[PDB]
Amino acid sequence: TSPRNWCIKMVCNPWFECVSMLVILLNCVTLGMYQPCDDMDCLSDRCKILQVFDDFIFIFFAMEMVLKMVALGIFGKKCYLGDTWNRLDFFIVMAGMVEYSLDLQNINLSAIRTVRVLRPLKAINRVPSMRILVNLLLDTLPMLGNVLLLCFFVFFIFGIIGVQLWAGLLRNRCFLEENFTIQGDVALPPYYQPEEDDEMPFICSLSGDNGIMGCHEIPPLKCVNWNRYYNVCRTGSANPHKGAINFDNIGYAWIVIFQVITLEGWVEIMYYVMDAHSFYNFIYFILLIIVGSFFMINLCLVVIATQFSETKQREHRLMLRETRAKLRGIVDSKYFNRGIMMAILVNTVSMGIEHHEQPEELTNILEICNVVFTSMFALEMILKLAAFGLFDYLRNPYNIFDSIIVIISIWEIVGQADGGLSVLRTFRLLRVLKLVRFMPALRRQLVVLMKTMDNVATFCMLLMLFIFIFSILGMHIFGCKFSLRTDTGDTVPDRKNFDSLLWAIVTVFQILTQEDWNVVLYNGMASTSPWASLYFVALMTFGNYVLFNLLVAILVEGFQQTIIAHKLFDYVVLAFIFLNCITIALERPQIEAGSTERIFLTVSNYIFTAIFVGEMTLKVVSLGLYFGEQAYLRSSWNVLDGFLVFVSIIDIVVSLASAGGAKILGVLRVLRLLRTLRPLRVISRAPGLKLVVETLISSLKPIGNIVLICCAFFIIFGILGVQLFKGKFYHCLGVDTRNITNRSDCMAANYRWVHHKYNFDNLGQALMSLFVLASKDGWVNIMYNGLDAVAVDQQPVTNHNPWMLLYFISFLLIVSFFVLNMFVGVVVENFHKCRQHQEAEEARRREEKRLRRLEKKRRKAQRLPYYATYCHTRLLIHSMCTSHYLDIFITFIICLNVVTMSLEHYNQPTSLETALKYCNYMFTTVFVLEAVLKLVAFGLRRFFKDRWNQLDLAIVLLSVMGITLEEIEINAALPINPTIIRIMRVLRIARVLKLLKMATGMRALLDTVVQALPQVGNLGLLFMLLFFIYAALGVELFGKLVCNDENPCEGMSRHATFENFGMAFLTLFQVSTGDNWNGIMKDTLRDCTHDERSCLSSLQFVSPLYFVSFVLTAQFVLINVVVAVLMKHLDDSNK
Ligand SMILES: CC(C)CCC[C@@H](C)[C@H]1CC[C@H]2[C@@H]3CC=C4C[C@@H](OC(=O)CCC(=O)O)CC[C@]4(C)[C@H]3CC[C@]12C
Ligand SMILES: CC(C)CCC[C@@H](C)[C@H]1CC[C@H]2[C@@H]3CC=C4C[C@@H](OC(=O)CCC(=O)O)CC[C@]4(C)[C@H]3CC[C@]12C
Ligand SMILES: CC(C)CCC[C@@H](C)[C@H]1CC[C@H]2[C@@H]3CC=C4C[C@@H](OC(=O)CCC(=O)O)CC[C@]4(C)[C@H]3CC[C@]12C
Ligand SMILES: CCCCCCCCOc1ccccc1C(=O)Nc1ccc(C(=O)OCC[N+](C)(CC)CC)cc1
Ligand SMILES: *[C@@H]1O[C@H](CO)[C@@H](O)[C@H](O)[C@H]1NC(C)=O
Ligand SMILES: *[C@@H]1O[C@H](CO)[C@@H](O)[C@H](O)[C@H]1NC(C)=O
Ligand SMILES: [Ca+2]
Ligand SMILES: [Ca+2]
């Protein structure tokens, strides 16, 4: 119409979108200047100005809303409420108008104020790239519901188990004796807590409940030992972590299960439960880890990648001076370039030598060498423009880069006054990048990475917007509520706070890395309310398990002599090597000399070595060492066999040379380490492991270039970290550690001059610290030390240099990018192998696939006995009572069962317990009635043929068994121990399984998992073998590291120490999860107070190698497991 006409022109004018984006950005700026810790009710000039612009912004938003209203119409596809995002604009407009109106009525209620945060979310509409990305994301979300329902199953099952077992067990501490008589001066707490205000509680075990630690394990206090008086323990207090970790409700059990899904703080609560209830809850936690933290979030990744690929295809389917000549020959020689390459490489090596407490003369040689080098590059500069000319020089931009390098270098040389020596020193590292001009494959790899980054940019903006909105939300709801209680005269704010936008963004980034996020969860959820955990749940879920799976999908679909007896010999030797593994699993550093077991191990070693020598001799006489082709040593496995047997025999002869063992004990150590490597021939003696190792090594080469690039950035950032932090990683740990500036005052107060274990003194230490950072574990402490750094020999101060966030966060982002590139490279590499073999046999399967369709033609009607029950009193049962009409009632009763089992908690009222008993009775009645009606509906044939009514009968049988036993508790007919009653109550959870029949998508997804079990099973076997090797090796290396008060451990707390084989297998499992593994490796590399030679041994060289190798190998195996599942998923999708 005419009124629409005078306005519609501006609406589709792109300058309208431009000015809209300008006001959106101005609004984001105004939201970014919130200071909840200081902005108390807007009594400031800045607050007034910000409120004024907020009013102006609201005026403009209302104007644009109403104008697009009078230009599009209402309630129609073409109308204003046509886009999803226009409805959102409507919502912000109404919400802000309500907020303003309530401000008019003197009802502030800054809980409608927090709706501001959704205002930046309108910018998704005004960036068309963001519109497209978010549109595909939202259109692929609705197919994520299947894995969301699997998530619900694994949360509900484990939550019910937890609330049934450990409801209120977390609350019990060791209290004083009931009638405690004291002379006076009441100072004892009612119970025992080691650190002030329940920093680490002392959760006991009740009498009757066979826990582990039971109030007689209290460390005696060293006046009189007060801790011996804490005799009895009862279940009344607050429960740990400021009432945050418990199993009272089912909401709290969900919180704890979500904490162990993210693999953070897992072991601490595992030991909580072990102390409170029983030793055998590690089964619960291991199964929860394997099912949830590995087969849930990775199934989320698989489903999101596949669904995003499918959405990409779907929307795509809708569309479908004579020396100048002579001087050149030296230049383009392909050999002078190699000489200058050695020049640059030794320049890099020279830059790497520098370290802390560097000798006076060595650094002097370093500057001399730098001058020589830069003279060489300047000579190259002069030469290559003379024989070429200026324009020929400027043709290649690598020449521009080299010119910048040479000018920066020469400027740095002559700038020996100030400025140059401090920053142009940092620009020295750019000479390392010149190597890209020389490796041809690395040009191609970085070109591929730039091809990817063409599409990562829009995702980076979307992630930046997500982090901004969530940081502003955190500022609003967690502003100035994190203040730690006073310990030195004042309440210092927590480092992981929300007091300002910078700290909000860094803390949200930390949470997205899921490192120490549980600390922030506790500190914030105990401050506002227990419902505040929804903020972190929403943030972590949408970030890690939606947005990052989206990025992974973006990358993957942007890329896309005598006789021979050899019948049962291998199996007999396989049994023998298994027995060797069994006898390897006992060589703990605890059996005393001359033991009965020691003699057994020696004799077993002798016999096993003899048997393996016999095996080698038979193989070699069958083949010959290297006497011609197809000999013994022409396969890698056979070389490993010969190597192992030589190691064993040399170890035997050296052990028999024990007379005079001085200076050869190191040889003994090395040969014992190789004994621990020995249980490895299983790979050669098994087909599945051999093929899987071949597949691993085949899938490792293509990502070789990306691994090399990642190592190059590791070296570059290591040198940069050395430059930035030389001796700044020292701190004076003491009782005060306050009002002291430099270490001189530290020695005056005699506290200690402690040196952080993860520092940047050397370049090796820089590399170890950078690996710890890259593993996203313990990286927050390293970042804190970085920000605190001041200079060589004075105390670091809190947030001294907030500019190092750039270094420490850019490193994490770049390494994560390279790790995703490795993952996607592995996926596409496997995609080529699978696709080749797929087309042949699937076409061969399709020939037989249509035969099964012909088989269904036979299935038409084999005179089913539906009449046999007709007119036989089952006329209404077989047909009218077997359709979907009855299963909706049954699934409804199952849902009622679920919502009833979700009500038990600690100290539930007796009336609620009786109501639940009545509900359980009703559920038993309905299950029995359904089962009987089915049995009467059809004959006993399909009662077993269905493979499902069997499970239904099992559930009904357990339920009826349980209800009678609780009835036995009414008359007390026979005293039934509580164990069986509790077991059948907790087995009542099995009635959830009836939801599986209706969930066809769950069955399909879990099946698609199932036909991956060949590959997944062999990989799991190899993964367990990897644990076996590394566990034996860790027992031999680390078994003597004592863990006690004199040696304060950090990662090996109670059962994680490397003493025995199993107690080390547990800590290898924990390191595999990356939970405080950096703490474990800090524990291993530890100089002791001369109670052992190991602390003075070569541990510093070998423990980082041990842990780095283990973590990398474990992560690689898990990556390939996930890849195999993804491949079965895609292949199933194609058919
Ligand atoms: C889409 C949902 C699932 C995640 C998006 C996050 C927010 C929309 C939700 C999740 C967490 C919720 C918060 C959970 C805890 C709190 C603390 C709670 O604090 C108080 O009660 C203080 C007393 C008062 O203010 O009257 C107020 C509700 C609030 C802000 C909730 C506001 C709405 C939040 C931020
Ligand atoms: C001289 C005495 C008093 C101290 C011994 C020095 C060690 C503390 C330093 C010197 C060399 C350093 C090593 C230099 C090289 C590395 C490789 C590094 O491997 C990596 O993580 C980088 C490869 C990658 O992750 O991509 C592991 C740390 C390590 C073994 C360093 C461990 C610590 C070492 C042994
Ligand atoms: C089938 C193979 C491939 C894997 C199974 C081997 C291990 C899982 C088993 C076999 C040997 C067992 C170990 C045998 C010896 C020890 C030392 C043993 O220590 C004691 O007897 C002292 C305990 C005390 O003093 O109370 C504790 C069990 C433990 C760790 C066992 C842990 C579990 C082990 C390693
Ligand atoms: C220079 C351009 C930068 C472009 C941005 C790149 C985003 C960088 O990635 C982050 C950026 C900011 C904050 C956190 C992260 C991060 O890495 N999150 C996070 C992801 C996965 C997990 C996890 O366990 O799944 C395991 C998944 N793999 C593959 C195993 C299967 C191992 C990764 C935990 C945590
Ligand atoms: C530390 O220095 C401050 C500065 O005046 C002083 O007040 C205080 O007494 C000193 N000692 C301690 C333990 O704080
Ligand atoms: C160490 O700190 C004290 C305290 O201000 C200062 O007086 C002194 O100059 C500093 N440097 C030293 C002792 O080398
Ligand atoms: Ca972690
Ligand atoms: Ca951690």
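Numbering, chain A: per the PDB entry, residues 66-287, 316-413, 627-866, 1164-1738 in sequence. Note: hydrogens, waters and symmetry copies are ignored here, and every other heavy atom, side chains too, is used. Start at 1 and go down the list; that is how both ligands and their atoms are numbered. So this one's electron microscopy, 3.6 Å, going by the header.
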Handout entry: Which of otilonium bromide, repaglinide, canertinib, pranlukast, epothilone D at ligand 4
Key = otilonium bromide
Practice task
Identify the macromolecule bound to otilonium bromide in this structure with the most contacts, using its name in UniProt.
Solution key: Voltage-dependent T-type calcium channel subunit alpha-1I
Practice task
Identify the transmembrane segments of chain A, in UniProt order from the N terminus, that have a heavy atom under 4.0 Å from otilonium bromide, or say none.
Solution key: 6, 11, 12, 18
